[PDB]
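Reviewing the structure listed below.
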Amino acid sequence: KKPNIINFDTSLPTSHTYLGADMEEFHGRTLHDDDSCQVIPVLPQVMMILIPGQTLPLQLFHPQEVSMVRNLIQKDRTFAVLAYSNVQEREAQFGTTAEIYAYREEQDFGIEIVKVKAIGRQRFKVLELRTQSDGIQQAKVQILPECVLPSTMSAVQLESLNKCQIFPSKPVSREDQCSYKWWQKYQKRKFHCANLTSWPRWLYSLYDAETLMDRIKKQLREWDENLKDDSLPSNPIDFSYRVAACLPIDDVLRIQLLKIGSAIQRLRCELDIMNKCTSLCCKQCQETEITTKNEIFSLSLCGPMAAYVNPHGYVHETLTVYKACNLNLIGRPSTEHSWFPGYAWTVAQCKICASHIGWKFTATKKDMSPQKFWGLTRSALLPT
Amino acid sequence: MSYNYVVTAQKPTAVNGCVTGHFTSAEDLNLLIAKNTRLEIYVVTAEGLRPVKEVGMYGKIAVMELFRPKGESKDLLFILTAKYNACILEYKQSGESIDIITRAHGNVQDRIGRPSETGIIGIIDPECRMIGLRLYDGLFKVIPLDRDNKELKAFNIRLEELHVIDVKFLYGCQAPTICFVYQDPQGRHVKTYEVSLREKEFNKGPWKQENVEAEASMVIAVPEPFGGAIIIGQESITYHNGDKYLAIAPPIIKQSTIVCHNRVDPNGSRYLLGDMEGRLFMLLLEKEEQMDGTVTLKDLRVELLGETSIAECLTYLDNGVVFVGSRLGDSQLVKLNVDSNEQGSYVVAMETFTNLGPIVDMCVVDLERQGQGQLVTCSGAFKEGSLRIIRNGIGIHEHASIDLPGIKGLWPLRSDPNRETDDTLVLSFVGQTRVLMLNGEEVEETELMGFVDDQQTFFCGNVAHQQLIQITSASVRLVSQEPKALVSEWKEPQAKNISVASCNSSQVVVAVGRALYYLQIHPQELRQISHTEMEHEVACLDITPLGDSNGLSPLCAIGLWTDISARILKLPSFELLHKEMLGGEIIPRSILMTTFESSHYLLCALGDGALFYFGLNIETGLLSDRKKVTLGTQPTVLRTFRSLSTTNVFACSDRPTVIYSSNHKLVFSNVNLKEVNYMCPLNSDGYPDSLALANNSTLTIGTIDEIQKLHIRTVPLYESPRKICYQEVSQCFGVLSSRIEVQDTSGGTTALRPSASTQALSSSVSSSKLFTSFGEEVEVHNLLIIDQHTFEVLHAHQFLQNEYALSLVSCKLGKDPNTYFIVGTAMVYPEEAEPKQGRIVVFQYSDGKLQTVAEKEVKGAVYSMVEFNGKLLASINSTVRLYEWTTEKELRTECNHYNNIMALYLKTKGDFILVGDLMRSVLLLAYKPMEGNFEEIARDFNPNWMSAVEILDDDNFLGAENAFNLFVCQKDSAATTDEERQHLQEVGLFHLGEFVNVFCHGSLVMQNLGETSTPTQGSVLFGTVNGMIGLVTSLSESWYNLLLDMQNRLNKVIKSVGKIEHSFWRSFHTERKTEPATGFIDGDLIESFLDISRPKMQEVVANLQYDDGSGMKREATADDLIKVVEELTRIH
Ligand SMILES: N#Cc1ccc(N2CCN(Cc3ccc(COc4cccc5c4CN([C@H]4CCC(=O)NC4=O)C5=O)cc3)CC2)c(F)c1
Ligand SMILES: [Zn+2]
């Protein structure tokens, strides 16, 4: 529980200076036509549900993947990451397409290693998982559409009281008696036409976009002291995707949030999950408390969780905690490939099962969070 | 595979816009009212509003304005629909034909664009140079207004300010200049632009940006000579003209915010304002400043006139009359009399127009006639909350019943000179004519002296010269009042038998076979005045005195047996002044001449049950105007009963009807009786203004109600009613309600006005122990018990503090004989978002007192409850729970079923709970009784806003969803694959144009099996926010196909206002996707087929392949459709 001094310059974590520095960058964005079927190459050896808007680090070694990515960069730059269910071996029916924005090839070690970073862009469901003899199977992809709904009062609105539906901005910022009182008149003036329908105003506030976003911002700040608009988007779609990425949940809940087609349903599901969630325990034991929900801060602009690659290419999603429990360390604190620029990771294990839950990030300078940073991963962390 | 049929049982009533101007003519002053899809055009006169035309458009009127370009004599009307169908209309009438022609039309939507949050704004240049529309964020759409722009092509001009609140055009500017207020992170600002048509872009405004109040809402453009604009916020009213500037802070407007306005002076010296809680203000502009001819403002005094209905649109009619167009209340027509000031109010109400919306809850109850339902709604909101009782049909309140074996005629008489009231009713059977006497409750058979004993009387009544007549089958015998002696008796010269008899006040014309004899009733004499014969036997005769004279009928109407023809001849002669050959085969059974609303008609009823109304000329000749209305399938007997200070005609048949005149056309209501064979107005001393009705079983005497098809009684509660249920055994209504109470600085909650909860007979406050700022408004919930006869509040139970009562059901549970009121509440606190605790409370009304039998505390909000087979089924938050009523009067949990959705809607049919939420996530369940748990059968999830849902039958389910649509989902239980079995296929789409809050099974017409039944199966009523009651029924595949073909063929014949295609209007519409309507047959389009002309009727049907019972009969006729369409009209 370290307050106030959170000195990290928390954006460096999201630049990946470990996966290389002078990485070649790519202009901007693309677009796949809604409800179209597409031929999107599938990069293998990745087993993770890539939420849209989430950065995905990658190191590529085998010649087939290197050639696939080379031809990819020379033709579009988008491949497919499939949301594998509990059953492995290509048991996936949904996914997201990754699109490249940074590229670097090394001739080191006698190999043509390609270091690449990508972010999810779209959401899709596979029709048929076609396999190619080259090694890089191309999947039959249907672009699953994104739904945005108007105000629930737009149908039952009164014309007169419409000019009275453009609210003055929130008073000051993140202050009590400027929220509990502003929101009351906000709900009273926005949903005044709920008297025509058969349901009270608070019910229509349970299906609101801005009210759900406010309640979620409250809980997330209650954990990590967030910077009001610390890149949290105003768009409910993007806000929902960010919250879904940063939530410490298991794979089934992530797939379920991925299946949801509307922002409001996604926000309601996240509220339910984040309200019914308390502890995070070791999967291989489902018996030990290696956290809580209060002991969780954010040294990354993307939240308490982000995707990082070890030098062997494996992608890890790490959860940041002030104080983890029942962890025993082994090995001197070393700093060869730390994803956090200034700490020296020490490998951590469960006190009983001895599984790689994460790392302890001890500091190097003295104006740092002193030896208090556990970056626990999800390969052993079942929400309990 | 649904095949459903939707029709409107009551047109929308809430007003969402009203304008005035010289539309119909440059001389008349018209008040145009748009209620939704209907446009009503009135004419403002001294007495009030006179309706002129009623047109129903293919869309929801979003914007309408009256503008007059150069070279026009009367104003034109520009209407924009919610589907962005713009048009310009023009009034055109030639004597009797009224047509609203479409000057221009064209869809103005964009391929891409999010509709604005403040909504559609439609403004017209005061010089009528262009039309400005703000439909989409960041884009101003401009429609040039030229005579050649008949397709309404528009170009978009970019606005850099995305949040625009209100925009209008300024008055007195060389180039078209707009003024608007917009939102910025720095606040709200007022800005102006100079729109240029040639350059197709904006320009520099005459006066630059000026900072305004943080809550500036509307802009009103002050007309010349002042100029500029007035910006009205929650606390200030400011006037902007560039250099000139004013600001006021009147404290009488701080209570509530102004939402509507209307200019009252052509020179804009005074303005009229209205706010949310319904009080009229009066903005005043002072032109006392005049330096060198320039007129400038000096003050902005604001005056409060009084309190009116909660207004959405104000409008000032001529001579101190204001039409307050209300949408959540009732429309008014008030007086701005500045001298009355009885207690401090400047307004007094003149009229009050019925407005059923918003209909929040309904229930169908057989209040008066068993079998025939009545709709009891929960209308209005805030101070306009009321209960409306809608009844279809005129009803007769029976007051006597004297059994008789098939009376073949009822005729009143007065056997008491100088009595001014009826004394006895002379019945006439097949062989005898009994004379029953009825003064008080008397039924004595007191025979008159002059009346024959054993005969079938054809007529008997009071004749001139204080004498009585009796046109028996033997001879027309005249009698006397005081001495009662047979003065004369005109026997047939050949001793023939009279076939048809007709008598007037002074004349009596009888027909013996094929010969007609005219006899005048001279004082104490009866001498024939004419004699002639016709081609065939006289089927019927009618000699009724028209307006004035009343002593000699200029014309007499007859019917021919072998010709099926009706002729009108002069009474003192036999010259055929006119003729007609209406139909054939079945002979006429009755002829009647009436004077409905100073217009004379001639009604002829054939023997098959069809009445052929026609117009008649009093002086000489007659019109044709052949309009055959099939009012039953039995011979119709026509009689005239005043009973209203108006004419009225009672058409006794298998479906008795009263034919009256509404404004200038003959309407046809139906009387709620099984069958009336004969009728007679008996204004007896003991029976004031009664009407003796004789069925085939007995003679009854009663009073008719008010000649009107639909009657809406209002019971004002002065608080918002939420839910309503009816309890039969107690003869009472259970209605939830809420009242707003301000939080005073004493720890209590004082009210704002006398409500139904604070004015009950007996009162109670909930006392259960299972678990701010001065000015805040807090809701207090009550359960009111309302009598079904007097509609007086018998009791008022007040719930706990911070407890919101959600649902309500009146049912008896388990083996208990008692019936209860079950109420499910939710304890809601401002701090928390989603409640944690609720309460299931069981009341029991007996001996005029409400007692809490049982009380269950649950963890959540009880959103709905149903009575699934002697077991309350409750929806606690996202869990559906089933309760069993124990023998000790205590609820016990039996089974649970956990969903991922909020079970807002619960509709059951046998053992199939239909569960939905506000996300259109319809879920279907089944309750297995042998095992005792719920099971999921089907599921249909689609992100969309769903307003209500109903179980049409075991397979199809109907609901209403976003953008005012309807849909039907059907489960294919015969599917061999589980994925399809577990799926709910969607088999119907329809853009209703209305927002449905409630569905309910029932019908407002008599429930007659009819042996053969009717082509429509089932009946579901829905009520909408605007106040429209609809009705959806199923159809067979053959009937659905026939009606679909007829609907396609009507669309090429009927010309709509604005030339909006019907297929486009009914297409399932949504912000993200619009599809064509399927599986729904528009009852309105089909029922409009009866109102088109005969050549158009021939055009519509030429290859319909009508018959399905063997053969096709490719001709398909045109009266065969009439038989089908009338059968569909009869279902509502
Ligand atoms: N075909 C083929 C092929 C060709 C070439 C290959 N090369 C082999 C040599 N590699 C150089 C090297 C090796 C070893 C290290 C030590 O770092 C390790 C080791 C093991 C696990 C982890 C880490 C760091 N780490 C976390 C800790 C937390 C944190 O913050 N960040 C992290 O990265 C781990 O989890 C550094 C550099 C370069 C690649 C190849 F491996 C395959
Ligand atoms: Zn473990």
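Chain lettering follows the listing: the opening sequence line is A, and each later line takes the next letter. Residue numbering for chain A follows the PDB entry; the residues present correspond to positions 42-425, in that order. Throughout, chain B uses the PDB entry numbering, with the displayed residues spanning 1-771, 780-1140 in order. Below, all heavy atoms of this structure are taken into account, side chains as well, without hydrogens, waters or symmetry copies. If you're wondering, the header gives electron microscopy, 3.1 Å. One-based numbering, in listed order, for ligands and for the atoms of each.
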State which drug is present at ligand 1.
-> mezigdomide
Which macromolecule is the chief neighbour of mezigdomide by contact count, per UniProt?
-> Protein cereblon
Contact chains, mezigdomide, heavy atoms < 4.0 Å | A
UniProt (S)-thalidomide sites of chain A near mezigdomide (heavy-atom cut-off 4.0 Å) = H378(A), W380(A), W386(A)
If you map the residues of chain A that touch mezigdomide onto UniProt domains, which domain comes out on top?
-> cult
What residues contact mezigdomide if the heavy-atom distance limit is 4.0 Å?
-> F102(A), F150(A), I152(A), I154(A), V350(A), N351(A), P352(A), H353(A), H378(A), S379(A), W380(A), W386(A), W400(A), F402(A)
